[PDB]
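So the structure is just underneath, and the comments pick up after that.
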Amino acid sequence: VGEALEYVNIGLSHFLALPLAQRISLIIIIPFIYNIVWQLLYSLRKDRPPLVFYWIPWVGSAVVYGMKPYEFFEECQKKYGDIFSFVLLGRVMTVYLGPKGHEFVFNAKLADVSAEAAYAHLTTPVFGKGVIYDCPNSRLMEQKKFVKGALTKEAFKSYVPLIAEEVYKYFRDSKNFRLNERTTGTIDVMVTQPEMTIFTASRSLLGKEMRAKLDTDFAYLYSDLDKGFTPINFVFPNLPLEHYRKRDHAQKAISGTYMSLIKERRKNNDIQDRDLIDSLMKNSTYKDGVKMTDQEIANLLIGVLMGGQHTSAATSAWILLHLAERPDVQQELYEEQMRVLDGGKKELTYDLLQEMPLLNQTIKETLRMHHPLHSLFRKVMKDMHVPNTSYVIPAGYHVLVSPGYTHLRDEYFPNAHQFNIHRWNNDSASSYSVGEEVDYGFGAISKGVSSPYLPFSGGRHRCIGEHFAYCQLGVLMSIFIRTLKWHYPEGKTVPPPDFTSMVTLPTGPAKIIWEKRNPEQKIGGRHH
Ligand code: HEM
Ligand SMILES: OC(Cn1cncn1)(Cn1cncn1)c1ccc(F)cc1F
């Protein structure tokens, strides 16, 4: 009776007096035991998707998910089906695989899920305050509208010869090529492509001043800011270490440079239609009348250039890598170049790029097999009912959607693990809406988000850099094809993806051997 409760207190007393050898042992085994008991109890709930069993509390399935996410998804899909949850470094992730998952997450109501609540911890320290995910959604919608204003057909027409010039400059001057001095050589594509991507993106979107600054020690700052863009920042966004200080310094230094150019252009009234800087200076006033600050404009520049940097560089690296073991595809692409550009006598233009279906299909196919973002997250803000199930996703959970996984399923893409650009025959468009449209604030886009092919997502958070990426990748690959042949070192093949980084770039070093199609061909212009 009450004598029982006396022994409760006595037991508590004897608990606190255990040797700290047993106490430490107990504060390990008790959370461990409770974790297992909780999961087994959790599995009784029929309004919750199945939860992947895990031994270590808090950690969850982080190790297997972090290293081989698609293999994790497939095993989980076999056991539980398309909807299942797993614990990830303190968080509960609810995965919804397949097209229905795309609809459930990408077309979720604004009040139901939050992208910025999921990503702000990562991106804000890198890009700066006030923009992208450090603001309400309505602000992001208009920022996208602003950026999209410099991403027009007319802009792409002017970008193409600029991007082309940068590619030829890189072939001429970079130590990785030097085509005027060498006719063959070995490159690491994870060295060349990030460089070619930043040179071409900077020249076209930022302008000649900012491009020129990449020829200096300023370039190291981009590398510093680069290191801040890492999954580690999802768990440890701010540790007092040098990595984080160089990042924060780089952000200030780079945004300061952008603001300097911005204020100079405005003081000289030198505001044209050259680049994204000009565009944002003329067009960055929200609908409620508030103007973006020069800091916010610079930070938006950083975010847009940085994101486009990683997605595009990774993509062109995969293209080169897949093509390295496919001389048949290089050959077919080369013939297309000769036919469309009249044996090379025509100058490449944006309009001529659109008449290169096989080149564009090659980009399209590479993006199928190598979605640079294997997982997209939203934080659940309100309890969500999953249609045609009894499942309820409580607020505090995160939903995870993965079109890249569906890209690699035989059911939706026959022989999915085979690189075949001809699966897109007479369907070379980067993507398109097969029906009704909707405008979230940055232009009419597809209402339905059910396509098995969805490398640019859909819904309010859909990519707006798709046409720029195709323009950039197109020009670049057009010139690679016309200038070089390339192949693997003996016994080398397409490397496995590095799923552990921010984008799922190839595992390096990923080397290819190039050779000039025309050994005698010289690239003009001056250099020291
Ligand atoms: C192959 C190239 C690219 C791919 C595959 C890609 C993919 C994506 C995806 C999947 C999203 C949606 C993320 C989500 O749903 O959470 C997205 C959003 C976005 N991307 Fe891209 N991207 C690429 C290139 C670019 C480029 C070149 C730019 C800029 C020039 C850019 C700027 C943006 C912006 C501003 C968003 C909006 C983010 C949001 O609304 O939350 N992307 N991209
Ligand atoms: O969506 C990203 C952020 N992200 C999400 N998972 C991993 N990285 C990447 N990205 C997508 N297209 C281009 N970059 C992004 C979105 C917008 C942006 F401005 C920067 C940025 F990193």
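By the PDB entry numbering, chain A shows 8-535, in order. Hydrogens, waters and symmetry mates play no part in the numbers below; they use all other heavy atoms, side chains included. First listed ligand is number 1; within each ligand, the first listed atom is number 1.
In this complex, the main macromolecule engaging ligand 2, as named in the PDB entry, is Lanosterol 14-alpha demethylase. This structure shows the drug at ligand 2 to be fluconazole.
Among all non-hydrogen protein atoms, the one lying nearest atom 4 (N) of fluconazole (ligand 2) is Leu380 CD1, 4.3 Å.
The atoms of fluconazole (ligand 2) that sit less than 4.0 Å from any heavy atom of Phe134 are 20 (C), 22 (F).
At least one N or O atom of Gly314 sits closer than 3.5 Å to an N or O atom of fluconazole (ligand 2). Looking at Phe384, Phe236, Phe241, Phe463, it is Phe236 that brings a heavy atom closest to atom 3 (C) of fluconazole (ligand 2). By the deposit information, the source of chain A is Saccharomyces cerevisiae (strain YJM789).
The shortest separation from a heavy atom of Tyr126 to fluconazole (ligand 2) is under 4.0 Å, placing the residue in contact.
Those atoms of fluconazole (ligand 2) that come under 4.0 Å of a heavy atom in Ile139, given as number and element, are 19 (F).
Taking atom 16 (C) of fluconazole (ligand 2) as the reference point, the nearest protein heavy-atom neighbour is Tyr140 OH, 4.1 Å. Of the protein's non-hydrogen atoms, the one nearest atom 12 (N) of fluconazole (ligand 2) is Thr318 CG2, 3.8 Å. Under the 4.0 Å distance rule, the nearest protein heavy atom to atom 18 (C) of fluconazole (ligand 2) falls inside the cut-off. Residues of other chains with a heavy atom under 4.0 Å from fluconazole (ligand 2): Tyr126, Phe134, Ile139, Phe236, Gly310, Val311, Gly314, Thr318, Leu380, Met509.
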